[PDB]
Every structure is written in C-alpha cells, then in structure tokens.
Amino acid sequence: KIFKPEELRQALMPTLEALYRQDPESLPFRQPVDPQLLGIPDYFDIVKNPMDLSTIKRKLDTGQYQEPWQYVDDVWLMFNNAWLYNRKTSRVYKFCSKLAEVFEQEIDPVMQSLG
Ligand SMILES: CC(=O)Nc1ccc(O)cc1
C-alpha cells in the first residue's frame, strides 16, 4: 500500500479540520507551546517531542506523512504531551480531552477506508 501524497492529505484533512473547528477547545493547540514566552523552563524536560495543530497541518501539507499512522501518532503525541504536563482540571487538559473525543469519532472510518 503506497500512498499518493495529495490523496493521503485529502483523506486525512477533514479529521484535522474537525479539530480546528472546535472553539474554544482547539485554541491552546493552534500554535506551538513556547516555554520561553510562557516562562516554563520545565516544559521541554517533560515534553521531549512537542506537537501542535499548526505543525501537524504543515506536515500534512508538505508530504511529511508517508503513511496514515504517522499522522495518527502525531495527533496522539499532541494529546499525550498536554495530558502529561497539565493538571487534570486545567483548561488545556479539559480542552485536550474534547479534541481527543472528536478525533476518535472522526479517525475510525477514515483509517478503515485507507486500509
Ligand atoms: C497545549 C499546552 O500544553 N499548553 C500550555 C502548557 C503550559 C502552559 O503554561 C500554558 C499552555
């Protein structure tokens, strides 16, 4: 199963768009966490591989995902980073959980169609 870059992008983009359409829940995830601006030097000590929606979109737009599971991995990386670093009742954690709910709903039929 070799994937054409534009077809992989076309099949996956709606799942990413669904995340972006979540307002306010996507908002903390539409751009990278910047620990220097936020003044949180511990962030990169906990989150070794940062990920966010803007980076996932750029990768999806620029043929950086050869296979669908690589995209799925990055989305889960984004979620797991947020759930690891932040308090359970924090806004970011709660918002993350909503995006995860949406993603789990969107991704299943898409991954089945691709496979
Ligand atoms: C997605 C995320 O982890 N955002 C975030 C983390 C720490 C902070 O102090 C402010 C925002």
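We number each residue from 1, following the sequence as shown. What's counted below: heavy atoms across the whole structure, side chains too, no hydrogens, waters or symmetry copies. Order of appearance sets the numbers: ligands from 1, and atoms from 1 within every ligand. According to its header, this structure was worked out by X-ray crystallography, 1.8 Å.
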Student: Quick one: what's ligand 1 bound to in this structure? I mean the chain with the most contacts, named like the PDB entry names it.
Tutor: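 The main binding partner here is creb-binding protein.
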Student: I need the drug at ligand 1; it's one of paracetamol, nitroglycerin, cyromazine. Which?
Tutor: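 Here it's paracetamol.
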Student: Tabulate residues with any non-hydrogen atom nearer than 4.0 Å to paracetamol.
Tutor: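 At that heavy-atom cut-off, the residues are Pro28, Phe29, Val33, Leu38, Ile40, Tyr85, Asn86, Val92.
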Student: UniProt domain of chain A most involved in contacts with paracetamol?
Tutor: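 That's UniProt domain Bromo.
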Student: In paracetamol, which numbered atoms sit nearer than 4.0 Å to a non-hydrogen atom of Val33?
Tutor: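 Atoms satisfying the 4.0 Å criterion: 1 (C), 2 (C), 3 (O), 4 (N).
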Student: Quick one: which paracetamol atoms are inside 4.0 Å of a heavy atom on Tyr85?
Tutor: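 Once the distances to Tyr85 are compared, the set is 7 (C).
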Student: Can you list the paracetamol atoms lying under 4.0 Å from a non-hydrogen atom of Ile40?
Tutor: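 Per the distance check, 7 (C), 8 (C), 9 (O).
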Student: Check whether any N or O atom of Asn86, backbone or side chain, sits under 3.5 Å from an N or O atom of paracetamol, and answer yes or no.
Tutor: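 Between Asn86 and paracetamol, an N or O pair is found under 3.5 Å apart.
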Student: Atom 10 (C) of paracetamol: which protein heavy atom is closest, and how many Å away?
Tutor: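 Going atom by atom, the protein heavy atom closest to atom 10 (C) of paracetamol ends up being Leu38 CD1, 3.7 Å.
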